Structures are given as C-alpha cells and as structure tokens.
Amino acid sequence: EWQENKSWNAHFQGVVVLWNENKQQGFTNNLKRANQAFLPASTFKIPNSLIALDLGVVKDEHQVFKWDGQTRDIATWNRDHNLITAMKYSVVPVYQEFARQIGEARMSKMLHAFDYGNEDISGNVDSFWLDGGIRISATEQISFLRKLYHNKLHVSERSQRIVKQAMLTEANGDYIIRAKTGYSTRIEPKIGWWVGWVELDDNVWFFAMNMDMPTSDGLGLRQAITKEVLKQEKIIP
Amino acid sequence: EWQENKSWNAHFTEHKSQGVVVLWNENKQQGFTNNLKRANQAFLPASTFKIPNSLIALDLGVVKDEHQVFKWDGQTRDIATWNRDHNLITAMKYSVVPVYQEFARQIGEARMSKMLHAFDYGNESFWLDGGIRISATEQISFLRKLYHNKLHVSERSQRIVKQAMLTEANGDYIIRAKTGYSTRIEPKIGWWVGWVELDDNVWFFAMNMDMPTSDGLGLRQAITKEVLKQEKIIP
Ligand SMILES: *C(=O)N1C[C@H](NOS(=O)(=O)O)CC[C@H]1C(N)=O
Ligand SMILES: *C(=O)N1C[C@H](NOS(=O)(=O)O)CC[C@H]1C(N)=O
C-alpha cells in the first residue's frame, strides 16, 4: 500500500517518495507525480558508475582520471578526480568518458538488465541522460535503489559495494545517508532530483524526490525539503 | 620522519588528563605525535579489537555479511543498547561485546592466532583482561594495510569492515574509526583509532588516554578533533 499525504505540499512544487523497507509500504505527497518519468540527469551517475566498474572501465575507487586541462563552468570539476570525488562533485566529463568506453550496445544491454526506467538511450552516448530519450520516475528510482541496496543488480557484488561507498553523503550516530543529486537542465520541464536512502539501526527508508527548478537558485531545497519530510515523518531528528 | 609536538598536551592538560595522539599524513608519509614515548607503548586494545576480530569472522564465514542477525541471548547487561538483536553494523556501533565473544569462540584460538600473526597485529576474551597488547603507532600500521586492502583476507572482508567502521561523514571529511575502553588492567585508558578521508589525502590517527572513570569517555573523540582542527585537517 501507498498513502498519499498532502501535508508535505506545505514544505514545497514537486514530489517526495518514501519506501519503508521493513514494513514494505510507501508514502508520497502526489501519487501521480511519483509515477511521472523525467530525465535522470546526474542521478545517472549511479548506474553509469555500476556499469563502468563491472566492465572494468574503472579499476577501483582509487584510480585517478586526470583533468584534461580545459576549464569548465564548475570549479570543483577542474582538477584530478577519482570515483569518490567525481561522484561528490558530480563531474560530468569523467562520466562522459565512462559512457564512451562502455559503448552504446553494452550501455543499453546493462540498462535493460537493471530494468532502469524506460530503458532507452537515444541521443548521444555521452549525454543521453541529460538530453536524449531516457526517462525514469521517482518510484522507478526507488525500485532501482532497492536492488542496489540488496546486491541484487546483475553486476558483481564488489561493483555494488563500491558505488554505495561512493554514494556516501552524510553519517552520524542517528542515520547514514547514501544518495545522489541531479539537475535536469537541457529539456523542459527543468527539475532538481535527490534519490537514495537513509539507513537506520533497524530499518532502511528509500527516497526519491524531484521538484521544479527554473533557476539554479533552488538547488539547496532538494536536500532541505526532503529532510523536512524526513523529520515530520520522525525518521531522523 | 616523526615530529614530536608538545603543544598538543594543552588539549590534554585542559581536562586534567594525559595521553597521546598520533597522526599520519598518508601522502607525505610523515607522522606527528605529542609524546613519542607513549606513541610506542603497548596497551590492551579493548574494543578496538573489534576491528581485526570483524575481519577474521568475515573472511572465515563466521559472519556471512553485515545483515546477518545475531539475536540477543536474553540476558540483560548494563549497556542498554546491547540488550537487543544486532548485525555487524550495529554491533560495531554499540560496541557489543557478547556478540564479538560469540565470534571469537567460533573463530577459535588456533585460527585467531595465526590470523593475528598474518596481520602482524600486536605482540608475541584476551583483548580485555589478558594477553594481546598494541601501541598507537602499531594501530596506525595495521589501519593503513586495511585502508589499502593489503591484509591477508579477502578484499570483500576488508570493504565490509570499513563500511562497518563508518562513524561520521559530511561535505568536508569522512571518519572511519573505533573507540575502546580498557578497564580490567591498570592503567585504565580510552582509545580511538581510525582515519580521516579528505578529497586529496587521508590522515590516519590513533589516540589513547588515561581514563580512571567512564566520565571522560567523550574526550577520546573531542581531544582528537581538537588536534585535527589545530592542524587544519578539519575546519
Ligand atoms: C547533473 O545533474 N549535473 C552535473 C552537475 N551537478 O549537478 S548536481 O548539483 O545535481 O549534482 C551540474 C548539473 C547537471 C548538469 N548540468 O549536467
Ligand atoms: C570496549 O572497549 N568496550 C565495550 C563497550 N564499548 O565501549 S567503547 O565506546 O569504548 O567502545 C564498553 C567498554 C569496553 C569494555 N568494557 O569492554
């Protein structure tokens, strides 16, 4: 079952989707948007990373991808990266290289096995997640993460553990968050994503949210509105 | 290259205690401590032994994974959080001795001994009232092997124990570590060992300190972070 709970509309426009792993129930503020597919954008770094590691395009979390020297918009982009940092600073050029070397045939094969969204890579092999034909909703995101969480994707366990390490966002004595932000820019309607999960001592709560993002301004709200939902729901303090 | 820094003693002095922190700059392969002698004095590992113990239990299959549930034996102990079911993640977080005691009995003395020798861990419930001793400088040497997946256990066993050691993370650093409290033999001391991952570097640390009562326990982490701040490692 799924409860719709419109009170979180207050903290917003967009949708927040929770799955209670133990109880095996869901929660959202908009059943219908929860099922509306969008461009994944940088949340594509999760399955890109999984595929790059399983195929050995990436050796491990330590391998250095060296800055090509050309200076791009985001300053954190313009240095050397490994997988941990590339993922922290959402470094597109690193992941483009990954996509090229994966190739179009292996990429779609992998996406079909992951049952990822609409499973469709039309557009450029190095930007389809931004402006090609790929589409995934919040509930499709959760569904993918659930599998990632349990090591049941059709890639090695090792590859699964490394990406979840690279997904590390926050941890304290209350909870651990593993997640990835995204910001769909090239194609309407512009939207900001956050998806991942929060680990508790004796449960795990999966989450996917997106919201309208007409401006670069509101990016902080992806975390802040999701966290406000998590408190009202007393999942975190 | 080791460098002795007496200024850190004021972080100990400030709470009327004494102790050592040892720091290791992985990129530069340089160490730093406030007390060279105590750096290399060997103490009972106490709960920091949960590190090699966890590694060994996983590599052998005594623990199958971080979700395997170790149920409470129903005997009520005085850490309240121990009186519940646990997995590897929680048992490490709440430092749950009777789960780890089960691990050790199942590992057994032969296999334990030969695994610790392969780890080059310490000297040649023993971690708490008995035999094994290790120094803060040796904890770091052991942790560095772990960090690099260089121990004689599977890569997998090393990644699960590192996941289990996760203590703190934010946009500035990740800390993976383990606290300990040696209470049975003099001198009663507290420990915190582990490391800090930055974007560009990792800093390993190992600290111990006189701990006559459980009241100063918080100082293990606090004095350590006071030292990390002084050296511009965290904000
Ligand atoms: C991913 O969506 N992108 C890469 C980069 N980081 O976005 S994030 O803050 O959500 O991680 C900039 C936005 C976007 C892009 N323009 O490619
Ligand atoms: C380990 O040193 N111990 C188990 C438990 N944890 O304390 S910790 O926070 O220092 O790790 C209580 C004290 C100690 C013990 N007596 O075994």
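Chains: lettered A, B, ... by order of sequence lines. Since chain A takes its numbers from the PDB entry, the residues it shows come out as 24-35, 41-265. Quick note: numbers on chain B are straight from the PDB entry, i.e. 24-147, 155-265, in order. Only heavy atoms go into these numbers, but all of them, side chains included; no hydrogens, no water, no symmetry mates. Ligands are counted one by one from 1 in listed order, and the atoms in each one are counted from 1 as well.
The drug at ligand 1 is avibactam (bound form). Measured by close contacts, the chief partner of avibactam (bound form, ligand 1) is listed under UniProt as Beta-lactamase OXA-48. Other chains near avibactam (bound form, ligand 1) (heavy atoms under 4.0 Å), by letter: A. Avibactam (bound form, ligand 1) has an N or O atom lying under 3.5 Å from an N or O atom of A:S118, backbone or side chain. When the heavy-atom distances from atom 2 (O) of avibactam (bound form, ligand 1) to A:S70, A:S155, A:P68 are ranked, the shortest goes to A:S70. Distances between N or O atoms of A:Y211 and those of avibactam (bound form, ligand 1) include at least one value under 3.5 Å.
Intersecting the UniProt beta-lactam-binding annotation for chain A with heavy-atom proximity to avibactam (bound form, ligand 1) (under 4.0 Å) gives A:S70, A:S118, A:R250. Distances between N or O atoms of A:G210 and those of avibactam (bound form, ligand 1) include at least one value under 3.5 Å. The nearest heavy-atom contact from the protein to atom 10 (O) of avibactam (bound form, ligand 1) is A:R250 NH1, 2.8 Å. Of the other ligands and ions shown, none has an atom under 4.0 Å from avibactam (bound form, ligand 1). Proximity of A:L247 to avibactam (bound form, ligand 1) is not established, as no heavy-atom distance is less than 4.0 Å.
The deposit lists the origin of chain A as Klebsiella pneumoniae. Heavy atoms of A:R214 come nearer than 4.0 angstrom to avibactam (bound form, ligand 1) in no pair at all. Here a covalent bond ties avibactam (bound form, ligand 1) to A:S70 OG. Binding site of avibactam (bound form, ligand 1), heavy atoms within 4.0 Å: A:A69, A:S70, A:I102, A:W105, A:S118, A:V120, A:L158, A:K208, A:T209, A:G210, A:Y211, A:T213, A:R250.
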